[PDB]
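First the structure, in the form of structure tokens, and then the observations on it.
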Amino acid sequence: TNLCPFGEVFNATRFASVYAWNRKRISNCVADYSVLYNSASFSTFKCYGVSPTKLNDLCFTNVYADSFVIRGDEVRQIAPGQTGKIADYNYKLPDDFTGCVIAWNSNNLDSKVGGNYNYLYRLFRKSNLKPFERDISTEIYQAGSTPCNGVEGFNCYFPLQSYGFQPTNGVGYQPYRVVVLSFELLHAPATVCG
Amino acid sequence: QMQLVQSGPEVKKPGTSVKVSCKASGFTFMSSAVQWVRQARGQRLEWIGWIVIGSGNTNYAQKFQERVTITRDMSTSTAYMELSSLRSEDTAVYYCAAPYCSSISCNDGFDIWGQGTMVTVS
Amino acid sequence: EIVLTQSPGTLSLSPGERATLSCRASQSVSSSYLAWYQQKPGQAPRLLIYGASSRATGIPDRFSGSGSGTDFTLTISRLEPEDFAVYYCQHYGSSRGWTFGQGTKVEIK
Ligand SMILES: *[C@@H]1O[C@H](CO)[C@@H](O)[C@H](O)[C@H]1NC(C)=O
């Protein structure tokens with residue numbers, strides 16, 4: 001009856017760039033979502049799945065925690081049916097998605113005096129992502145009829161772009177640590193309960 | 001019909017700055033980089049620098065290094081350029097230019113140019 | 001930086017006459033990005049050829065680019081009265097480029 005290691009995600013000392021979310025599997029443990037819900041530390045706690053007050057009593061075969069950092073305004077893009085630079089080129093939720101999205105204001109930790117440029121996001125892609133698709137390639141993006149020779153310069157862009165995160169940024173431009181909890185029921189006995 | 005619309009003529013004193021705008025219409029601004037060039041009367045075109053839209057990459061020609069700044073406002077689909085420490089030598093017509101296509105940025109050339117902005121320093 | 005040189009600086013041709021403009025790189029310029037432009041006084045430059053080998057959309061068949069390596073040219077099969085203009089070329093390169101050549105002027109003879 002070991003407690004699920006949520007501290008390995010929410011209390012983590014390092015977070016992934018939005019172009020490459022760091023997924024961790026949660027299994028064979030006792031979940032507690034009420035501690036997150038009632039911490040009142042989160043700027044947002046919203047669900048598209050079962051309401052969080054009932055979610056704790058519902059068992060699942062697999063739970064995934066995907067951790068990453070985005071601008072506070074970008075948080076609105078993380079929902080089923082949404083479009084935008086993050087929703088289409090970095091990560092996408094399915095229309096049938098069950099789960100919750102939790103956001104926390106990290107400006108006190110992720111900001112740096114010279115600015116924090118260690119977080120990247122994908123700016124270019126040939127087509128929209130499939131739900132839960134992840135792409136870590138760094139190949140140069142072609143933006144024209146002329147074949148790209150793989151050398152960055154003109155209509156040959158590095159697909160990733162750094163964030164301009166700074167301590168003086170307005171709230172919409174401040175970094176937020178965001179965790180998305182995905183839930184599924186496979187044809188197996190449940191291993192995660194609360 | 002694709003258009004680029006630039007701010008009208010402006011006169012500045014030497015040692016002061018000037019700001020020039022260029023607004024896109026009929027085209028997704030995010031689909032392409034915008035570049036700037038100037039032409040003094042009777043002279044050949046001289047490249048200043050460029051900005052990749054949505055990337056913030058603003059590398060400049062060495063001749064204008066730390067003498068020009070290029071920015072963009074995504075909400076107005078408008079490119080901006082500023083010059084500092086102006087000299088009477090800088091009197092010229094300044095132009096913005098871009099590629100034009102729809103969803104795929106297919107054209108590698110510069111299909112659309114603005115009407116140009118006259119800047120006089122004296 | 002890539003420096004381009006063009007010749008003749010001034011040309012004099014009759015209407016209906018075939019015309020050629022030439023450009024040469026100061027150094028072994030990479031690939032082919034020598035796009036060509038046309039300009040009239042009081043007006044912005046307009047794209048004719050991109051890739052030094054392909055016509056821009058809406059460009060008449062008489063215009064065509066050519067050449068390779070350091071040596072690039074622009075040709076017009078026959079000059080129209082409308083075609084008398086100042087011409088330029090630009091090298092997009094791998095960035096840190098986009099230098100323009102000195103350009104050429106074509107006058108009516
Ligand atoms: C993170 O650690 C603190 C103690 O340092 C604890 O109070 C808090 O509940 C932890 N957060 C989570 C999500 O476990």
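Just so we're on the same page: letters track the sequence lines, and every chain starts at 1.
The name recorded for the drug at chains B and C is AZD8895. By contact count, the main macromolecule holding AZD8895 here is known in UniProt as Spike glycoprotein. Closer than 4.5 Å, the most heavy-atom pairs between chain A and a chain of AZD8895 involve chain B. The PDB entry identifies the source organism of chain A as Severe acute respiratory syndrome coronavirus 2. Lab note: contacts of chain A with AZD8895 map mostly to UniProt domain BetaCoV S1-CTD. The PDB entry calls chain B 2196 heavy chain.
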